[PDB]
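Entry overview - D-alanyl-D-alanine carboxypeptidase DacB with penicillin V (bound form) in place.
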Amino acid sequence: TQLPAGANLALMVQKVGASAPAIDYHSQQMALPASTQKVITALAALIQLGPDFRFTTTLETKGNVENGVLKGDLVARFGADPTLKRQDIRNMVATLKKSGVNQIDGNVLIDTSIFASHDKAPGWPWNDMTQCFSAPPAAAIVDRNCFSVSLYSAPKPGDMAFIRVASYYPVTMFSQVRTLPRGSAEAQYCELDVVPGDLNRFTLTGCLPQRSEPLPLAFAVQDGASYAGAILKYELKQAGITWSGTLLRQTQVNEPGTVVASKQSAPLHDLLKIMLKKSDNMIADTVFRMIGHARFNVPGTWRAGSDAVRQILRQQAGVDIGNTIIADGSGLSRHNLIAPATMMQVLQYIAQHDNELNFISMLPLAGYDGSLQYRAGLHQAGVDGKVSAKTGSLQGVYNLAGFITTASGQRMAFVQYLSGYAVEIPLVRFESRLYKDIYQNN
Ligand SMILES: *C(=O)[C@@H](NC(=O)COc1ccccc1)[C@@H]1N[C@@H](C(=O)O)C(C)(C)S1
């Protein structure tokens, strides 16, 4: 340990297929897994949904089309596809038009019944909810439910800073930001804040020091259904389709209408690969609630996802996670809690079934891709191209979970759970020593 005063390490290193570990340091102690949770999410997803699962979104008609008039409702059934884009909506609407519908004598329903309850997992800090990495992974996603904004200081200090936003983003921005004389010391404790409101309103408050250039800001959409509905409304109007009713949310499970247009995501194995390479929280969390929906045939919720993942691990993978707490798929939640010894059983299962799962090729390869392209510790250990592992990074948490091929060619699984990390290169020195050790001595 080259580690800062008071950091907490739980570490286990074990040959693939071996029954005893080579390194065992507090391996039974529960810890915050952060994004290494995604290893569990990917395995349960492959087992439950399979590599060829695709998310799907449809436009459905309920009623007869007479003389180009739908006598009934248009239903836009969202399916938690994390990769759905504005263009996909525009294309599905183009297809609707081409099918013969010019007018809807009825309502436009934004159907999110695939999921229920909150779009935010237990244990997610409230303060990060407006940041894109923590965007609520709702059933209705368009362009990752993230949008950007430019904040301009006013030429006269004391005047309102002003917001520029692209006109297509259906959000409502208000500025209550005071522009400060670019020296004086309201600047020290006057915060610049974002305050979300209902229906995708955002108010910027506080102070902004004079700047020559505008401040770029990216925010998370809080109400995906409303956002997706406004985009749909816009695309309908552009395509010349009129309607007499209003846009309504449909949350209760219901029989599908006639599918007039659809979009399916890339295959799940492809999505899980992005997820593990890049640590994509939104893919992990839409997958997570999908798992529960598919296993129990109920609208997907965080609790059903948690129950399902535990059941899948125990029953299909032979891993009893015991008192482990699984709160989400991404590892964002501070309620996730698992011991290296438990994550080790998952890793051993994966290595044993890797020819079936094609799992290890999806993990970041040190020195090549994803989160490990340049991890100084690993590069300096001389283990580039020898480590395939998932990172887990949160405020003062630096985890790694995966596989290393050692100097003798032995594959070893490892779990490094390092937290309570706080500062007044210790990591880099720690990692370069440890992985050089593991590689060289095994
Ligand atoms: C998994 O650990 C995820 N981490 C987060 O969502 C939040 O990450 C941080 C928050 C505060 C301070 C430091 C990190 C995913 N892994 C991250 C990573 O850096 O790879 C991420 C930001 C891409 S999200």
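If you read the sequence from its start, that first residue is 1, and numbering goes on from there. Excluded from the calculations below are hydrogen atoms, water molecules and symmetry mates; all remaining heavy atoms, backbone and side chain alike, are included. Read the numbers this way: they start at 1 and go in the same order the structure lists the ligands and their atoms.
- To find every copy of penicillin V (bound form), look at ligand 1.
- By chain and number, the binding site of penicillin V (bound form, ligand 1) (heavy atoms under 4.0 Å) reads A34, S35, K38, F133, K278, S279, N281, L332, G392, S393, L394, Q395.
- In this structure, atom 12 (C) of penicillin V (bound form, ligand 1) has protein heavy atoms in its sub-4.0 angstrom surroundings.
- Heavy atoms only, to 1 Å: the UniProt active-site residue in chain A nearest to penicillin V (bound form, ligand 1) comes out as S35, 1 Å.
- Taking a cut-off of under 4.0 Å to the non-hydrogen atoms of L332, the atoms of penicillin V (bound form, ligand 1) that pass are 6 (O).
- Looking only at protein heavy atoms, the nearest one to atom 16 (N) of penicillin V (bound form, ligand 1) is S279 OG, 3.2 Å.
- Polar contact check, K38 against penicillin V (bound form, ligand 1): no nitrogen or oxygen pair lies under 3.5 Å apart.
- In this PDB entry, the covalent tether of penicillin V (bound form, ligand 1) is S35 OG.
- Among all protein heavy atoms, the one lying closest to atom 2 (O) of penicillin V (bound form, ligand 1) is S35 OG, 2.3 Å.
- Here the protein heavy atom with the shortest distance to atom 6 (O) of penicillin V (bound form, ligand 1) is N281 ND2, 2.9 Å.
- Shortest contact from atom 10 (C) of penicillin V (bound form, ligand 1) to any protein heavy atom: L394 CA, 4.2 Å.
- The closest protein non-hydrogen atom to atom 9 (C) of penicillin V (bound form, ligand 1) is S393 O, 3.4 Å.
- Counting protein heavy atoms under 4.0 angstrom from atom 21 (C) of penicillin V (bound form, ligand 1) gives zero.
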